[PDB]
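Structure showing doravirine engaged by Reverse transcriptase/ribonuclease H.
Lettering: A, B, C, ... assigned in the same order as the sequence lines. Heads up, chain A uses the PDB entry numbers, so what you see runs 1-65, 69-556. The residue numbers of chain B are those assigned by the PDB entry, with the residues present covering 1-65, 69-556 sequentially. Numbers in chain C come straight from the PDB entry, and the residues shown are 6-65, 68-215, 232-356, 362-430, in order. Since chain D takes its numbers from the PDB entry, the residues it shows come out as 6-65, 68-215, 232-356, 362-430. As the structure lists them, so they are numbered: ligands from 1, and atoms in each ligand from 1.
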Amino acid sequence: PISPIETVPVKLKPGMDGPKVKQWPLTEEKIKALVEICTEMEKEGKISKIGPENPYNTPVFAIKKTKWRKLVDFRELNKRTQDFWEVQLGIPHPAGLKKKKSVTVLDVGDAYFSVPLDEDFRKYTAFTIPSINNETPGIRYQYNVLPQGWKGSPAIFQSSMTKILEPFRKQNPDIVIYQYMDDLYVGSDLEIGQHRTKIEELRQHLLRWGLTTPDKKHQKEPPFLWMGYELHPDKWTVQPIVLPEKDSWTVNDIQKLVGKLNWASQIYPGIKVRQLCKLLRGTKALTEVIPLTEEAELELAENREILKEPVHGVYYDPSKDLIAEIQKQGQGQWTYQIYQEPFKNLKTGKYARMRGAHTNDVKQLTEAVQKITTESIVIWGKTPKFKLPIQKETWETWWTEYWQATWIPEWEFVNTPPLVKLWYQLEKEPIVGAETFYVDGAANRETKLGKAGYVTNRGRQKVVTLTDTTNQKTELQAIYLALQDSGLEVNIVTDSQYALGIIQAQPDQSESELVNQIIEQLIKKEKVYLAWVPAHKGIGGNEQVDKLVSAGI
Amino acid sequence: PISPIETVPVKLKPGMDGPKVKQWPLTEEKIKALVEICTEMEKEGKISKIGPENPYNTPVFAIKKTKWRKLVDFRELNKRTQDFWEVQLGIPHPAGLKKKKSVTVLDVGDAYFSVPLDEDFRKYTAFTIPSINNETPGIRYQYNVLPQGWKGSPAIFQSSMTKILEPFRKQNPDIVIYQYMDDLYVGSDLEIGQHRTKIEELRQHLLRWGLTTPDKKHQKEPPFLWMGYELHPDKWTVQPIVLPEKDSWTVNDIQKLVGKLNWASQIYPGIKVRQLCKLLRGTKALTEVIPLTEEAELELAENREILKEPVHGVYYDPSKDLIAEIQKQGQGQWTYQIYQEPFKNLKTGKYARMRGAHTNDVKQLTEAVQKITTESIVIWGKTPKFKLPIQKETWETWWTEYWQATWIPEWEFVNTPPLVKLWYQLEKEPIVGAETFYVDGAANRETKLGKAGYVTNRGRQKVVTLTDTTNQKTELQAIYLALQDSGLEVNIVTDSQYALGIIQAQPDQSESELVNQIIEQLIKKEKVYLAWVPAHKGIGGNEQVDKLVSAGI
Amino acid sequence: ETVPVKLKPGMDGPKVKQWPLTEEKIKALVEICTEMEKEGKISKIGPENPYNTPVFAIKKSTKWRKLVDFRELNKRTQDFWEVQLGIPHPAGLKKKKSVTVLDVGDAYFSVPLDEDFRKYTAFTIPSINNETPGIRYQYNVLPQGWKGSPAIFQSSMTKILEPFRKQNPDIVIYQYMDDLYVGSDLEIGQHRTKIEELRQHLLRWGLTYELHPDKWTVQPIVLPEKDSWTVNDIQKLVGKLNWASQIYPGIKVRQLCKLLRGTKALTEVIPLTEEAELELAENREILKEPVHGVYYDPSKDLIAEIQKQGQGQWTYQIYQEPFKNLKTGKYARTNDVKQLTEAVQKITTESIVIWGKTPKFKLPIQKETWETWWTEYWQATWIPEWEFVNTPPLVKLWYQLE
Amino acid sequence: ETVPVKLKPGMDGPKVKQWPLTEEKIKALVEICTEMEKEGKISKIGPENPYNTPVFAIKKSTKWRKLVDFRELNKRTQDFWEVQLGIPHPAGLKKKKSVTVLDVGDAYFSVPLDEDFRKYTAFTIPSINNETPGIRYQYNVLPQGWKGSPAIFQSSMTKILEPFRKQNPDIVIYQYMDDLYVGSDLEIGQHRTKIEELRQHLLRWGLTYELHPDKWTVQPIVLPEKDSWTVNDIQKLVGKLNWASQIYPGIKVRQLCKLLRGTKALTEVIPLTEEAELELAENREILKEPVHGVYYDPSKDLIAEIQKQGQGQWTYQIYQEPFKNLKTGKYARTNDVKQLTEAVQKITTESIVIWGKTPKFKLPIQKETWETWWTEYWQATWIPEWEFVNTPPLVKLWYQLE
Ligand SMILES: Cn1c(Cn2ccc(C(F)(F)F)c(Oc3cc(Cl)cc(C#N)c3)c2=O)n[nH]c1=O
Ligand SMILES: Cn1c(Cn2ccc(C(F)(F)F)c(Oc3cc(Cl)cc(C#N)c3)c2=O)n[nH]c1=O
């Protein structure tokens, strides 16, 4: 059964002509198998016989199981075929589905074969069943339907199915038709009666357009085991997850484990993968065994505990609003839950990213909010109302004072420790009755040797020497030096915009241990006033500390 | 059945005392289920009843399927238990197994339970079945055998099984006993008769030490489906690999695909994952769809072709030598095969790494040789003889002239294109009748603005301005500038050890597009002589180009 | 009668992905597009069209409008609209006391689009939770947002404006994309009357703020006036002045640098000298006037940099060569993204008026924040090119106000 | 009678993984260990020992020897062997005309090891293809390779050496790890006779090259002697001299720098001046003598840097402060790893003789190459600490020879 639908006019890439790939002579068993198969296909209208006037060729192979299957190597035709529009933007998410009284799963039968192919394109799908020891002219065919393995098949199928459903979608607007690959997912809030009736009008309308679907007896019933999920009639979950137990974990065993955990994190709250991902760093062989660290073993144990009892997700109610709750889990780890009615979760998730080298929890929380917002727009067409573990005062202080434009949509504070806060604040003006440290750092580009030091207005001085260092590393050393030797109240003068930049952004975590040591000093202090001067312009204490660090550079 | 073997003296971590974790009151169904299970275990000698004089406690849970199972949360005991020696160094590789006439698979029955536990440690495994609504003193037990989920169980089991096998290993040195988890893999070159006889003496010797194994009827027969491999009697392979076909590939679908391909690359030659791994970069959501690039689609197609027909691996012959053949596949991609008899492969593999920012094929080949050497020592206890796609002249030129100590063990050239070669060579001395370019680059640390230029001995001059640049970027711009404006023969004078370093190592590929443009210029040239001078020491043309670049910095 | 449009050789049409849109915006677009299709302005398309341009819904008024992002298609058709059919930019427009902006985009619906170019105008209406594939369409007529539309239509625009121009020879009319910029030296009442008159001329052909560019006075780099100056204050001043010398030729700072001698406390009061005060004033007089030596090169791209000053104020600079400022300014007046959106539109309008080109923006915001939210406050029918930057800590300080 | 050994508080014993070994080396170790176990020197151990130290098999002679890498255990027991039981280093040893090295490691087999320290000496014999778990063992006696062994045994060593020392008061004997360094000013025949005499004293207690340290003359930084000098050659010379000034105090280069004026060709001949030649010779005379101001700080680690010079030659420098060279030198004489191994042992021997400490090596080789192969050529009973570096392109040039 092949659809009477208007074909899609396919073209080849500009400046390109069809494939002319020589057929490799095959064994006798392969040639017979292919003749059997091609005669049957030709009989059903799938392929049609051609003459040797057609100049194109695409290779063919036959493979066994004890049934024979025809394989066509469409690599060359695909390289020459035009680009098509991207099939899907993304995949449906269960948490995005409404609760429907009745739901029918309709898998289209031999989908690609039920769809014609542009007349003027058919020639380029030419293939040759070779004769025994390639002595006589081989049998030559071309496709009439969409060939399997060809670049344009997914796209043309989907568009034909779209054109076909278009009128029925007008006739029944209260019927949900999800289009996914060669499947239709039909949901309605009618009684079993009117539903089975509505399914049949669709099945029939589909048949008028040469498309076959299963009947009430061959029709699947919930729970649907779709794409790694279980779709029950009033709940959803991820499919059974089994975490293996090993004496020795290879790179492959951990990669697989991380994947299953990540997949489980869509509905099971508090899944953590940090310590486990840390092991996969500095990549060794796939069969190579990685010893589990205590922190990785503890992470695996905590996960094992979450998964022991099964958790499910709820469906979407378009009338009720969406609430997103976020919690800080640990070292750059965040976890969230989206519900409408507390605490019946539509979905869960995690955020554990590194947007830079130096950040704080305020930036990480803002980043997580953005990511949840985006995801919500995709799944539900709207933004959630957030419940965040940050006081409105902490947020307002941060955003007003920060150089970067930042925004969180409708949100409200929720006392769920650990709370997100700023761990120190720089002074807006210099401290009276505080020693002024003029810091500097210089490193030789050749020797990679550097010097870090300070000169104070109280006469004090210091210089340390550093090996295999940079100017940036020495400029941070000089600030740290100034924080180590000063009291609880300092005025620091640097000529480094780089270090100034880092510190002013109020980081609490860093990829640098030097920046982490600086952070600890800043938290211990009562008052710190950082200021900047241009370098090599003969400015105060800065010219003095400059000659001090430049010695032996 | 519990082994009469001498126990292993377990300790707690210094300064730590046992767990005292309160038992959570359970439902009646859970308490009954646990009493049923614990009475049975106690009857078999697995657990023994204690009094409330013991101060330790570990939580217990019961879970259903319709059978009830006892779960013990040993997280706290594990945190307090001593560290043990690492169970296995790595996992056996099939290509490392000899071809044995007869092979028996012996899975030990309830392994952990068949092994006692240190008397003085038993107390710390205390658990409490709570009473109904925690009213009366709960039932209290402690383990006598190795508990499941406890930190020391894998280690103590393996060492007990080692001590047990030790005498039998003396009595039968010609019998291969592979120890893996709670399994023994026994192979010999005896006739079916003497083998079945030898298996029984082992089974009996094991039983004298309270360890039960299956009998001839319950004994598994080849092909063995072990750890993702198929162990046939004279060949081995990876287990069936099915590459899914999708309209839309999510981050999760690609991660799973890369994994299966990587696993297939152990025996299927020429597997490529570069383009597919490129897609996984700049990490998006696990359910987020990634559009396949043309280069990724081509890579997927090529892989699909390799896998269509099944490939197997051969076993190891200790008398014959090992040959490793390496081929350059593409953009930092390498593939290898290890055989003894051409071309009957023991195993295959790939190398596609980035050991730095700038490399060449000579460094990559040396890196691949090292990795194969290591792997061979692990699997077979010896190094292979290499067949490399590099002429002995190219290798000798490279190693003699390179600053780094480098070595390839016994190797021989094989003409298998693409051949590995050096694409350019710097002059050992300055060129007569060639223009001398004195190059320099300077960038302001504050503005991030830079200037790149040159001054020649032929009077020529040039200066370009750069945005959001560094000194390193400007110093490479200045060299590129000098290569763009010069003829086929140049003498370049830089003050940058950094750029000097890169170029002298003769790179052909780089993480920098600037370094790649420089590379193209160097290949086009006939002669290039690079030299270095100290900066800011008032040297020749260098002081002139220094004032030129310093303008507006 | 269609004008044949050609892409730069080796350059293919846009293949830009569609941003997720809210239910509200999707419904608004389905209704708009259902009507344009009924009127034959756009047609549903097949999979054989691999091209795509993003579509959004704005308010611009309490009615939903369709905004198409032709930024990619514009760069790819650059030859056609800039050299083949360029709309010259009048230098007089920036000189007028009042400039009014009128949307003329509805004029493009009349003129059909070259049948062979239509595929490049493809766009998709997304679908919540990927229920359905998107609704795909391409243009049959000149589209709003494509720079090629006014390029083709400029001959038809000249005929429409011929009487009005002839009767008001001192009125400058300039067409940028979907808008008409109308400048005059008339009193505000007379100007507003001539705009209403011009709208009547447009009304006969189916076509249905003010800005005061003479009053566009650049914000100079401001130096403080003080009684007592601390070490901290002189250090802040030398910092600000040392940087201004990169832009302005003739900035001296040695007399100020002289005061800063030895390892001193920042809080310590330092007395002013006669030559330091003279240097302070000579630089103060320079910053007042525009920077000497900076000229617009019509072959180079314009860049705009914006800094968040807090308290609802934003500063900006427009240049082609970094620090070689063609214009400087400020924007004032809740929401950081709304305020930023607002400043972006203001700066763009000023650049269209002064040079006939939009600048490439360096935005002090995260890509994702900006991408999720800019459409909630955007009201212009064009979209400038943008990139995301991490503002240097000192640039904000050096461009501060009072 | 056992001496109680204690780790630094908060510091646990070594948990170092075992390197894959070839079948040949595994068999060699199984046979060695089977015998040591029979003699009660080592015992098979249980899983309750979480500690591990790498084991290797060398040749050092055509007989396989067991080498245990106690580098980690040594750093962890540093307090015991350095301050609690330190073996003083004689300053006179480096002054003797001949120093002979004798292995005394077999002496440690007699003395039992503190029962509570034994667990820390754990090591594994690996298994090809992970057939079996490794064969695990720990020491019952003082182990060869652990710095605590000569520390404990030094009282027993003094008794053994008391007669020989008393009869040869001008013979210096020093114990470093498993070796005895014996120095004298006697003629080579007399020296060799006194060594044979000393071996007899050792032979009564169960104990069974030469170096010429007076002849250790540091390779100075060599400046070329030339008729005609090109621009290239002066540039190479100023480069070499500018760097030497960082090490040597009193290096002048301005007279040489003077010659390099204007944008000139590298191949162009430049004539020498009277003051340039005087500067060239004054620096030449300085490099001859050792660097003034550099002294060994016994509290700091020693570092050794090695450069590959090609043609079988290698240069090296020993310092504690970068470029503050305590010693410089060269090694000459196939295989890069073999040659490097050879130089490493030579430099280490010289450092043990001069300071009583091994230096931390910066090796111009890939971690993996070095780790796979160093054991094929290693003959010393100790192992120095090492790291892998990417040699600066110019350091090789500046330390070159003739
Ligand atoms: C299970 N279920 C529900 C949830 N639900 C709601 C609506 C639809 C609709 F038909 F509209 F697509 C569903 O159909 C789907 C959708 C997808 Cl993405 C995959 C599969 C499969 N295999 C089936 C659906 O599963 N509501 N009631 C009930 O029984
Ligand atoms: C299959 N096979 C062979 C190859 N071979 C050779 C030796 C052994 C020996 F017993 F020694 F371990 C084998 O036993 C193993 C080893 C491992 Cl790692 C896993 C499994 C499983 N499940 C079985 C073995 O499979 N030779 N002959 C033949 O039939």
At a 4.0 Å heavy-atom threshold, what other chains are in contact with doravirine (ligand 2)? B
Give the residue, atom name and distance (to 0.1 Å) of the protein heavy atom nearest atom 13 (C) of doravirine (ligand 2). B:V106 CG1, 3.6 Å
At a 4.0 Å threshold, what atoms of doravirine (ligand 2) neighbour a non-hydrogen atom of B:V179? 11 (F)
Using a 4.0 Å cut-off to any heavy atom of B:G190, which atoms of doravirine (ligand 2) qualify? 9 (C), 10 (F), 11 (F)
Could you list which atoms of doravirine (ligand 2) come closer than 4.0 Å to a heavy atom of B:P236? 27 (N), 28 (C), 29 (O)
Polar proximity doravirine (ligand 2) side, B:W229 side, N/O cut 3.5 Å exclusive: no
Check doravirine (ligand 2) against B:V189 and write out every atom of the ligand that is under 4.0 Å from a heavy-atom position of the residue. 10 (F)
If you have a sec, work out which protein heavy atom is nearest atom 26 (N) of doravirine (ligand 2) and how many Å separate them, to one decimal? B:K103 N, 3.3 Å
Report the member of B:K101, B:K102, B:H235 with the shortest heavy-atom distance to atom 1 (C) of doravirine (ligand 2). B:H235
Closest protein heavy atom (residue, atom, distance) for atom 20 (C) of doravirine (ligand 2): B:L234 CD1, 3.5 Å
Heavy-atom nearest neighbour of atom 9 (C) of doravirine (ligand 2) within options B:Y232, B:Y319, B:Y188: B:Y188
Report the nearest protein non-hydrogen atom to atom 4 (C) of doravirine (ligand 2): residue, atom name, distance rounded to 0.1 Å. B:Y318 CZ, 3.5 Å
For B:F227, counting its heavy atoms only, list the atoms of doravirine (ligand 2) lying under 4.0 Å from any of them. 1 (C), 21 (C), 22 (N)
Within 4.0 Å of doravirine (ligand 2), heavy atoms only, which residues of other chains turn up? B:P95, B:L100, B:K101, B:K103, B:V106, B:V108, B:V179, B:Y181, B:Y188, B:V189, B:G190, B:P225, B:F227, B:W229, B:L234, B:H235, B:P236, B:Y318
